[PDB]
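In the model that follows, one finds ribavirin triphosphate.
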Protein chains: 6
Amino acid sequence: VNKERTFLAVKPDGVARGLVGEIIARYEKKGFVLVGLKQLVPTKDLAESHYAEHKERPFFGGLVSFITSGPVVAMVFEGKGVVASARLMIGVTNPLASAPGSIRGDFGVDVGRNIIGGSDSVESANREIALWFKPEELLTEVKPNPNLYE
Amino acid sequence: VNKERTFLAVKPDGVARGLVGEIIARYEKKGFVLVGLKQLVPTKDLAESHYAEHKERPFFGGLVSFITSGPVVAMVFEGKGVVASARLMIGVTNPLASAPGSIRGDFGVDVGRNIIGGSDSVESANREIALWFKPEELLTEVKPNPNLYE
Amino acid sequence: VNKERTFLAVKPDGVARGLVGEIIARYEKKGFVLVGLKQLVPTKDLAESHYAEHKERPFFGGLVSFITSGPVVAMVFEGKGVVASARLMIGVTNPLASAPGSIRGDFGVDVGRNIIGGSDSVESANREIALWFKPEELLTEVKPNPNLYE
Amino acid sequence: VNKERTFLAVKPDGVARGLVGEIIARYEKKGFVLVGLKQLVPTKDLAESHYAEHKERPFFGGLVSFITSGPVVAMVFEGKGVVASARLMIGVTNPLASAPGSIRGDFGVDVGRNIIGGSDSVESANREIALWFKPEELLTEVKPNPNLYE
Amino acid sequence: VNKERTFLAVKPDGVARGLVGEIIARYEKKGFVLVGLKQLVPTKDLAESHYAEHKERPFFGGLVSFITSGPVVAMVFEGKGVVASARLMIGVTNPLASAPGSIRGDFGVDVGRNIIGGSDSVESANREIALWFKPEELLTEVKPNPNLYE
Amino acid sequence: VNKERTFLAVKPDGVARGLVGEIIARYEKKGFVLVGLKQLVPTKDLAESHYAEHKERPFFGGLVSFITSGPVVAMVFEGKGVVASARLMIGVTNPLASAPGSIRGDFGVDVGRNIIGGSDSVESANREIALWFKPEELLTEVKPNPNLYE
Ligand SMILES: NC(=O)c1ncn([C@@H]2O[C@H](COP(=O)(O)OP(=O)(O)OP(=O)(O)O)[C@@H](O)[C@H]2O)n1
Ligand SMILES: NC(=O)c1ncn([C@@H]2O[C@H](COP(=O)(O)OP(=O)(O)OP(=O)(O)O)[C@@H](O)[C@H]2O)n1
Ligand SMILES: NC(=O)c1ncn([C@@H]2O[C@H](COP(=O)(O)OP(=O)(O)OP(=O)(O)O)[C@@H](O)[C@H]2O)n1
Ligand SMILES: NC(=O)c1ncn([C@@H]2O[C@H](COP(=O)(O)OP(=O)(O)OP(=O)(O)O)[C@@H](O)[C@H]2O)n1
Ligand SMILES: NC(=O)c1ncn([C@@H]2O[C@H](COP(=O)(O)OP(=O)(O)OP(=O)(O)O)[C@@H](O)[C@H]2O)n1
Ligand SMILES: NC(=O)c1ncn([C@@H]2O[C@H](COP(=O)(O)OP(=O)(O)OP(=O)(O)O)[C@@H](O)[C@H]2O)n1
Ligand SMILES: [Mg+2]
Ligand SMILES: [Mg+2]
Ligand SMILES: [Mg+2]
Ligand SMILES: [Mg+2]
Ligand SMILES: [Mg+2]
Ligand SMILES: [Mg+2]
């Protein structure tokens, strides 16, 4: 359905490097609709809950550390196959290996500072969305451009 | 001081036309820092409180009406003389009379649908900011690029 | 009713310098609608008819000469106060004196090679439009973004 | 030889979403030359003739339907291997599966509304060109930037 | 004559904020030709010689100080009325008072950190050029796009 | 330690087509730091020394010929894995086969006129760097954005 939603977040480096507008603009141009948007400073709780799947990973330390060292602009986009498309537009985990045209490919160089993050599946999305947004912080009335869908 | 803050809001038409990223990007490029950011649907209360100065104005009707017909992404930018600069970057009330290069000048044509709004004075700002954001929704730790100020 | 239409034309230098897309994109971004569009090579007739008002002027020679030395993409845009707005976005006759942000201001340096031309009044428009386009080469069903006007 | 030509067309959704300039600009930047350009509203004849190869596929219905629901800006570009290159710049049939950087990859989400179409072979080109343009609507004197070729 | 040349320099903050390409790109788009280009770290000598006219003003101190705190990419552009046009594209001394569309207007906020500097007269140019470049570091064979001039 | 440096050069066609700013801007946006930058006209010596590996190749003739037919802006960028990343951003030898988003993919069409060149290995880099720049023409104090690496 055209109501699939994904969770995306501009990490501290992204926000600090002034890439918030640029990134949002890409998804707006793609046709996806913004249903949730806000800036905050992740709490160590939220951080570990979010990256829960890596708690036993060597990098989990600095990750949670960094992810809370400054503001993060979290957002939710809605659209047909947005979860898979958003990832594609982001690139791969290593910015250096990301193709030109993708977000990481155009702006990053270090795996630790890769500008943005986003849900890797509809499952992970729903979870991460609920985890970061309160029900009333998300639109319900989503009306996209009529020139978008058939 | 370099801690001046202004209130800016992408009106429904702006948000609907997909200009959120583009607009934010301009202020980020200018050097101003994002201290507050969120999307919501203005309530008739907030609407009238915001445009309180025009309650006796002929257009006050449709204004408050429209301003709540859909999502609005409100935001707060901080920086040296941001209130006056932000207005300058916006243009004048009538998009048609706004110079190329300014936001309204580049995207609008109707006074009723002029993409964005912003505080016209430090006074109006403080008021509008407090009016739209809750104290904890705004950063306190604002560290701009060091290449920005002397 | 606000369907005012204007005639704009990317002169040979503009077309040759590959600025067609760029220029169209600006007016599209502004909100104006494209009702007529085509590329051709002006005939000495059309040329003199077009610049009829300068037939006794000392430059009329090279003008008509140049304006037909290569392709020209003529177009018609429709929208509220488009004639005046389009001129504003173009700049002034001398590119060097045109402000940054305007078309001539951003791309030209010589009065003889100023990238684009456009009707300077609703009168001149109607005349120039009819002069360059055949009635069936122009849309009649013009439906703009429902977010542009109120 | 650098005389190869291809047929490209901004479909109604593309035109309606205001992507005409943007798209033309990409091909101009690539180095290809514009030999034919015009806006029109496809007739059911032209439509079926164009998509003749799909008269049986379960989508031929809505396709021809849509392709004529509004203006389309058809165009012809000339240059070394333009047919294959143009397709590459477009992406694949499904916008969601198209890579960032390509036209569909950057602007579309639905297979039915994929912004643009273009000849898939020199054969299909010649046919589609002749089908859409009258001989005198195409330049013959094509002089590209000298810096493009060896 | 279209031989006029001006001296422009991206100051340390500009270079540090990664605006070198962006700035050069503007002048290239305008039609001016690059005759000299290089990156270096101004010496206190060069610095004071350059800003010789301000040796008394209360800011000459930090100015010379800053202008040598890091790399600077100096450059020379050639073209009809380039000195006046370049300044226009830069804006005014105070970035906050510079119009959107101009370099300072779009990227700076502090008079002390105004991204770029440029000769304010043909006189000042010749002097500053000779002062920063060695005769063989400047082209002599300057051939601009033929579409720029009449 | 990640100060890997690479040598890149905007060939005559690139410089002539006015793509210098655009190209530099991409690498600046990527996060790489500019350590060396200058414009010159390659001497037949430098040319053959540079393309030494192709002296017996059938194209070596016109190559060296062209590479010295006009100005070239040589530059050195420093950053984590810059040599491999820079190549990726450039595309493949044939512009037509280069993906959208890469430099050649977006601007070139002919293998002979492919806008830019860059070291294909750390080995080739060191060699080409030393070959094109004098030790004091390269920075030593390289301080990148503190947000780029962890
Ligand atoms: N050194 C490594 O092997 C490694 N893997 C991940 N990381 C850092 O941790 C974040 C999450 O890792 P993931 O494997 O989920 O990658 P991702 O899917 O691209 O990231 P995200 O969840 O933040 O969108 C990554 O975004 C990155 O900052 N380092
Ligand atoms: N028809 C009129 O004369 C008129 N004046 C204002 N308006 C609509 O009401 C909004 C607020 O008016 P203001 O005079 O405050 O203009 P503004 O300062 O540019 O707007 P804002 O407060 O929304 O930033 C305007 O932004 C516009 O949408 N119509
Ligand atoms: N040297 C002069 O004083 C002079 N005045 C005009 N011109 C050339 O002639 C074209 C037509 O003159 P106009 O005064 O009508 O220019 P415009 O109103 O700015 O633009 P356009 O005619 O092309 O729509 C101009 O666009 C320009 O190329 N040279
Ligand atoms: N639902 C489907 O399975 C399907 N297949 C095609 N389509 C729509 O019909 C157009 C023509 O199909 P093609 O396979 O020829 O697409 P194309 O090669 O990418 O583009 P075009 O014909 O429009 O140049 C496509 O561009 C697309 O709009 N829908
Ligand atoms: N605080 C002040 O009153 C003041 N005045 C000048 N400045 C700094 O010194 C630079 C030189 O002053 P100018 O008045 O010559 O500025 P300009 O004409 O815009 O630029 P430039 O000399 O750097 O080409 C200015 O560009 C600016 O960085 N601060
Ligand atoms: N026709 C051919 O098969 C052929 N191969 C190379 N060339 C021309 O010679 C330049 C140098 O060849 P390379 O294979 O080293 O190219 P590259 O590695 O992609 O780039 P560069 O040498 O310029 O850094 C190429 O950039 C290209 O202009 N033509
Ligand atoms: Mg993950
Ligand atoms: Mg107001
Ligand atoms: Mg006129
Ligand atoms: Mg097909
Ligand atoms: Mg000065
Ligand atoms: Mg090589």
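Residue numbers begin at 1 in each chain, while the letters A, B, ... track the order of the sequences. According to its header, the structure was obtained by X-ray crystallography, 2.9 Å. Note that ligands are numbered from 1 as they come in the structure, with each ligand's atoms numbered from 1 the same way.
All instances of ribavirin triphosphate together account for ligands 1, 2, 3, 4, 5 and 6. Here, the chain sharing the greatest number of close atom pairs with ribavirin triphosphate (ligand 4) is referred to in UniProt as Nucleoside diphosphate kinase, cytosolic.
Other chains with one or more heavy atoms under 4.0 Å from any atom of ribavirin triphosphate (ligand 4): D. Measured on heavy atoms with a 4.0 Å cut-off, the binding site of ribavirin triphosphate (ligand 4) is D:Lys11, D:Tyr51, D:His54, D:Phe59, D:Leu63, D:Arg87, D:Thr93, D:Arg104, D:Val111, D:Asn114, D:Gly117, D:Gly118.
Short-range neighbours of ribavirin triphosphate (ligand 4) under 4.0 Å, ligands and ions only: ligand 10 (magnesium ion).
As for UniProt ATP-binding residues in chain D, a heavy atom under 4.0 Å from ribavirin triphosphate (ligand 4) is present in D:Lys11, D:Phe59, D:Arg87, D:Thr93, D:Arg104, D:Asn114.
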